[PDB]
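I have placed the structure first, in the form of structure tokens, so that the comments after it can refer back to it.
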Amino acid sequence: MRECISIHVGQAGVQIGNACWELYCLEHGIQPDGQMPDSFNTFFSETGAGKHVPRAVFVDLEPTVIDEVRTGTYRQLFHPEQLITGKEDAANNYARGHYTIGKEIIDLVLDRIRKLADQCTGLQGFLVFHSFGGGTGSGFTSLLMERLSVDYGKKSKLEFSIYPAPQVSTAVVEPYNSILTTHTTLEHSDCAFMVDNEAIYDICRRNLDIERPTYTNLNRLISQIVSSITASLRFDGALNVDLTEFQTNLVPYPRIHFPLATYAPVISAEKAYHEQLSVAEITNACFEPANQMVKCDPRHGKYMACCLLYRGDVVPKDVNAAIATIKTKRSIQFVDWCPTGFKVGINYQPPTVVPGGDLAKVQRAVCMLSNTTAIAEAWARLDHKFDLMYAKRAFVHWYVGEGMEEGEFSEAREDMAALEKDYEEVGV
Amino acid sequence: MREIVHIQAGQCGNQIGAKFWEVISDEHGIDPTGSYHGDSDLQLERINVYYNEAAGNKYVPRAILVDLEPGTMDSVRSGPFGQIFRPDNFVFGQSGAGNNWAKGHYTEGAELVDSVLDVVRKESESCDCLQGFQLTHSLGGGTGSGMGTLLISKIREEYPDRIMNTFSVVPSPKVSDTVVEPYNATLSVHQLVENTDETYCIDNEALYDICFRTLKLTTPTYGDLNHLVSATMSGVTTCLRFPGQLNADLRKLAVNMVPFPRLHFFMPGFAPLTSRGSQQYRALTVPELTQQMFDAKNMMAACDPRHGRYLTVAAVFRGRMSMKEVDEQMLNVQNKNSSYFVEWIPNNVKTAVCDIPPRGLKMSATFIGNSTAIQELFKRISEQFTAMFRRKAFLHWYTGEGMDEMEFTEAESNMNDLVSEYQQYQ
Amino acid sequence: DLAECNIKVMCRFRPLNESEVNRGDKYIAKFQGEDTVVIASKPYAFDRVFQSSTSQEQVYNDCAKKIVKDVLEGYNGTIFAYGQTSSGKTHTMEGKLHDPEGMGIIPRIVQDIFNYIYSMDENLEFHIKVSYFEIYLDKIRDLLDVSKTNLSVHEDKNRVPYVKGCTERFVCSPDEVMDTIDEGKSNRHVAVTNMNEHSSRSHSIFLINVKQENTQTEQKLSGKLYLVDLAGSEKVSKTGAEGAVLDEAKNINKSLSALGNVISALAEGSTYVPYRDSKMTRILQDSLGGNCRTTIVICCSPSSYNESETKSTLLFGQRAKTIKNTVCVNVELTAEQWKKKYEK
Amino acid sequence: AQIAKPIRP
Amino acid sequence: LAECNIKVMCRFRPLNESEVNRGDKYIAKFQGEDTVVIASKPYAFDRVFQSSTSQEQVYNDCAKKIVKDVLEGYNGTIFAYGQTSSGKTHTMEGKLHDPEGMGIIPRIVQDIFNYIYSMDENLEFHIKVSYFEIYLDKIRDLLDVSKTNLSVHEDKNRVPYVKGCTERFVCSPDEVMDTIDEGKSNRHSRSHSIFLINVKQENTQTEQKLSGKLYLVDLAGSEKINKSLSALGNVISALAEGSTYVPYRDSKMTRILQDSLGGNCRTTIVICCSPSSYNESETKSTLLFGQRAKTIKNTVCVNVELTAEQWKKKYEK
Ligand SMILES: CC(=O)O[C@H]1C(=O)[C@@]2(C)[C@H]([C@H](OC(=O)c3ccccc3)[C@]3(O)C[C@H](OC(=O)[C@H](O)[C@@H](NC(=O)c4ccccc4)c4ccccc4)C(C)=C1C3(C)C)[C@]1(OC(C)=O)CO[C@@H]1C[C@@H]2O
Ligand SMILES: Nc1nc2c(ncn2[C@@H]2O[C@H](COP(=O)(O)OP(=O)(O)OP(=O)(O)O)[C@@H](O)[C@H]2O)c(=O)[nH]1
Ligand SMILES: Nc1ncnc2c1ncn2[C@@H]1O[C@H](COP(=O)(O)OP(=O)(O)NP(=O)(O)O)[C@@H](O)[C@H]1O
Ligand SMILES: Nc1ncnc2c1ncn2[C@@H]1O[C@H](COP(=O)(O)OP(=O)(O)NP(=O)(O)O)[C@@H](O)[C@H]1O
Ligand SMILES: Nc1nc2c(ncn2[C@@H]2O[C@H](COP(=O)(O)OP(=O)(O)O)[C@@H](O)[C@H]2O)c(=O)[nH]1
Ligand SMILES: [Mg+2]
Ligand SMILES: [Mg+2]
Ligand SMILES: [Mg+2]
């Protein structure tokens, strides 16, 4: 059977994982205790009698949030050996997450992954959930990706990172961590889906009409995106799409694997009525720049590859009409070397609504994963912040004092300049 | 897990730490006898941070009280939360420092630092995973400045890879309690700069100003000032003890807030701070909390942040609140006050939200600010030091205990270098 | 009364070693002229670029020959080697102590200082004192006395830093200095790493003070000579450090970053010039921005496996060459002249 | 020239 | 201040084998310990040594005081005057590398090193030796044959001293022993040997430096063309009679011991004589020399100099 492993690293990863596993348990009809009162083998393991054990490894150097998982409503769902905690945090230090504090639980997480990998026949890939900027979600994820690439290698690896926003930010040493981790993990990940909190905040403010969005809502939206991504494995439909299909249709060149996800429709219950929510409207709104989950206007660039994953009551003729209307439009710009840059996936399972949730019950939904050159400007602004901080050489002593040469920053900056140059070259 | 060793040195440190422990015990539901009478399990979830266990469900704080006089120790013991402490942790001599830094750092403090370090070592060894050390002292006195500095040096040489956050009370500009404040303060900073990771600067003048202006207290006493200090002391380490959406440890705060090693002097603050009879008129929300936090009046150091630029700011929010609201408020504060922030550092503010507020408050926040304006305090201390040291005033008392004029010159040079470093980044 | 001098930064390229010639590595350094090296089609100009075949005598003659004369004339001198792991700092500075052809900068300097003393004017009287300590895990350890586990850096009347409590051994013959060097080397901290089997994990400092007194004219001169053998920047991927070696690497990297910050501050013309961020920067404060004629011997590896580190070292050497020193003769006033000035 | 070593007991 | 007498001591050697072969008798007779009677004419001296006395005895009776006084602040001088083959090498040098003899110089250097090893540790000693000899009123360095016919200059104080002679620092008693051996090897005895050590005691705590110079010199024969001894007999005749205009500059031998003769220096003199009967005429001349030499009285002050810091402080006032 087609089975996937989910790894959640850092606070952002584990929060998103809590949301995702609530969503999956709701989808497959599993009570939080693990008792169901097929189509679940992808994300769950069946024991002798009843108990379904999710294929997840929750890893964090901070014990607090994994302790919340251990004491929360989903307490008797996870295998306690899957939930792995440290003693001290990475403290927003890439060096702590990678060299010093990371190399104390890395053997444990690799052993847990191997034990989970030995219980799966048709392993398909890894769904690593982490966040750029944090010490753990930049250092430990890089070490883990290196280990997984060395050990498995041929197996796919998908990442769902929380990219730093342009203006909204939390940490002060975030650019350093982000550039270091995307320098290290550029050679190991195969398709890194990126989101930022600011775009999701704007989406919640405009579409969901909530003026005070919090982390729970953002995690629910990301969980819906990942459920749409992985729904082709779990349920049946016309034009099912696997992860290897994602890689072969979304990554033109080996160094261009940073797509940005988009979801539609994100509407409230009040606006669930008064709207047709047709396939054409869903696709058009999904290509709108204000609906992007990364703060970059796709109008400032060219789309390379765009895969559509429809769900629910969707007929292929409607999808073809929507794709034709998109292709005829002049505002959207597809690159010359891609005559056909559209992959479509239809599934018969409508999106599920978590009780006490902002999203409304809709018959159909889409998930637009596009590889566009508009993501280069985000790299540009992050590199500008890095250069400003590094000219005065601020905070460098914290990183250098935990096993990191001063030249690693320059190497990462050079690699990022090379990536920007590659994106510009592929644009022309 | 992630335990903190607390040390109280001198009269100021002891009478602030007593209020701190009363506050912490109230927050965690520990009655003065050491029993547990709380209401939520999150209080006992991380009680190991500030407390040890004992037979009979009795919790003893890991606090070490040190002084060269037994009067303040007797006062702490006789207080309402005095029997909670361990009777073996009271380490004291019988000859006070007499507001002599040399006496507390070279002659009388040396005879007691051995036993103090023995108690510190025992408490640290009983800990599972040590996080850092916490010290309360005053730079303007003898036992506090000198003994705390010597103990800090010894602990730093003993545990070089642990956080050492000290909550020091700096001399006030307009009113001086002791006539030897410049000497003691300069000699204490000369070692605080080298042997600490993050020091929080509090002066009684700003506390009095807060009490009379915001709190509208007619007769502020030392209890109220110690209470305001204890508020921010508890709020600094709230993520170590309670769950939250975005957690920040002491080391995370140090990494974010300390760009260069020697610039680790911070101005603390607290919010909300209203007066009885005005709470019914306020609106408790994140924008109001942020406006209160970034106000120059709410700072607990007599250094106006307007006469300077912020390097890094930490905002440790507490309670249930939107992350969008907090981040938007921080962004607009940075944008509206761009002149007061450093331009070679994007996003000067750091944000941590803990999902447990203090009792009776729906929201709370602690403001930690690394501003270049703290150079004014050091500049005035150096000016007074030069005025007193050109003429050798009150110097034979320090020399008679074994110090040299070269030590005074080195301390003054170190202070001047710190001032120059702060001025450079402005 | 002022004669400004720059830093005489000179580059030395070691040959490819066994661990690097047997694993697909290429000599990337291309040398043109006698003072510039081309790497990745990027010129870098220094005072002297020594190629792979340079002997110890040549580098000593072109680097440290003038320092003996400067020290004995009254000025202060200081030479310290810089680079990465397994680059050639110990080989350049000390090397094989007792080999006539493989000895380093320190033995040649001491032998030449004694020979020049012997060839001096008859009326001079010389006092020479030798100190030898190290910086290990941010602690100043005396390599001649193990009881002094950690020391402190104090300041003088004219605001110059110096190590206090270090053993100061007077010397008369080069044999005594060589025995001091041997005893110090025995106690210096070394560790086994993948890049270098005898890697040095401390910042060894060799100090000799030459006090010179003339009997006839009573004029007195003093000269301080520093010979520092720094540790190199390391990467955990290359070195593979685990345990104590990792802590040593952390401290070494932090100290080297502090030194780079101070060199950048001197080069950019900054004001704060952060000398106080580390012990090593404190000790070498007068060396880098004061009353010293300083030469930096940067050592580099010519392999493609170490191109980034070589470029970083080259940039460090290029930035240091621009910073200026204010050097003056150390003329200590005499007792007879003091009494004559009092009388008149 | 000559080199002197102090004779300290 | 203080006035101290220039001590005079009388030493007698056993009768030689040539004298007993020729039939010489024992004329001089010992009476008490503070005089010796010869030719039925008492001669009063500070102390008279018997023929068979040991050299350690004369060292303890004469030189140890010089050792301690030169160690503290006081210049010293000891020398021998007498006839040829009367015993003024064994009295001064004796045995260079035989422990039994160790007449004066090796014993005194070993004793000064022992005393230096003793006493307060907070003291810095710079001791310098300088060995030179003169002949026919020509000053010649003994540690280097290149130097010949040197001269005497004038220091800050009125004290003539040799200028240009090599002054070798010494650190160990072995170094002093080998330099003394080399100096004696460089000697081929009508020459006057001048041995000078300049012990310079500097105290770090009190910032007080004390310089002391002991002169272990040896004379030539007195059989009476010799001129230095004639002026040496003239200067003592000037000192014994007390007459001024003393001819210190007549001969270069007296130009070095000018402070030893009457200056700021406590000195002792030893004379050697023979009990033989064939040499009655020449024996009386040396006996009268010691009697007249006791008539001199010298004024001694501690050689104290102020350190460089001290002169700076006195300038401030
Ligand atoms: C009816 C009601 O809501 O009363 C409030 C109250 O009126 C106000 C004015 C309180 C009140 O505080 C003060 O007046 C005060 C006095 C001295 C020093 C500082 C403050 C209050 O006394 C304080 C008290 O605070 C607490 O209960 C917190 O848990 C607080 N506790 C203590 O400081 C404490 C006091 C005595 C004994 C043990 C603990 C705390 C804060 C941070 C960390 C730990 C604990 C609260 C909410 C109130 C009263 C009772 C009136 C305020 O203070 C605090 C700390 O909450 C003053 O501004 C706030 C806003 C509150 O609304
Ligand atoms: N979407 C989302 N983002 C989060 C969440 N928590 C933190 N972030 C983002 O993650 C970044 C901070 O990194 P964290 O993941 O909290 O840090 P960490 O990986 O746990 O590493 P350490 O705590 O330092 O050990 C900031 O950009 C936050 O905005 C969350 O619950 N949801
Ligand atoms: N010029 C040279 N010729 C030949 N061998 C050399 C040369 N320079 C260095 N090596 C060899 O490289 C090894 C030494 O590395 P060394 O030169 O000791 O490194 P290092 O600079 O002291 N390393 P580190 O202490 O980590 O900074 C020795 O065994 C030398 O023989
Ligand atoms: N006290 C003594 N015991 C034994 N032998 C002695 C003693 N005094 C002198 N002699 C010996 O007698 C001789 C005289 O010695 P020396 O001491 O050489 O004479 P001098 O008086 O120095 N002669 P000169 O230098 O020629 O004017 C030598 O052979 C001595 O070894
Ligand atoms: N807040 C507060 N400040 C104090 C207290 N006692 C003393 N101080 C202040 O501390 C400084 C004096 O130092 P002190 O601690 O008494 O001297 P020490 O006992 O030798 O350390 C002065 O600025 C006092 O105003 C107190 O109980 N509370
Ligand atoms: Mg965390
Ligand atoms: Mg080495
Ligand atoms: Mg003779």
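Below, chains carry the letters A, B, ... as their sequence lines are ordered, and counting in each starts from 1. Hydrogens, waters and symmetry mates play no part in the numbers below; they use all other heavy atoms, side chains included. Method on record in the header is electron microscopy, 3.0 Å. Both ligands and their constituent atoms are indexed starting at 1 by order of listing.
Sitting at ligand 1 is the drug Taxol.
This structure shows the largest set of contacts to Taxol coming from the chain the PDB entry labels Tubulin beta chain. Every other chain with a heavy atom under 4.0 Å from Taxol is listed here: B.
Heavy atoms within 4.0 Å of Taxol belong to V23(B), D26(B), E27(B), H227(B), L273(B), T274(B), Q279(B), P358(B), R359(B), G360(B), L361(B). In this PDB entry, the source organism listed for chain B is Sus scrofa.
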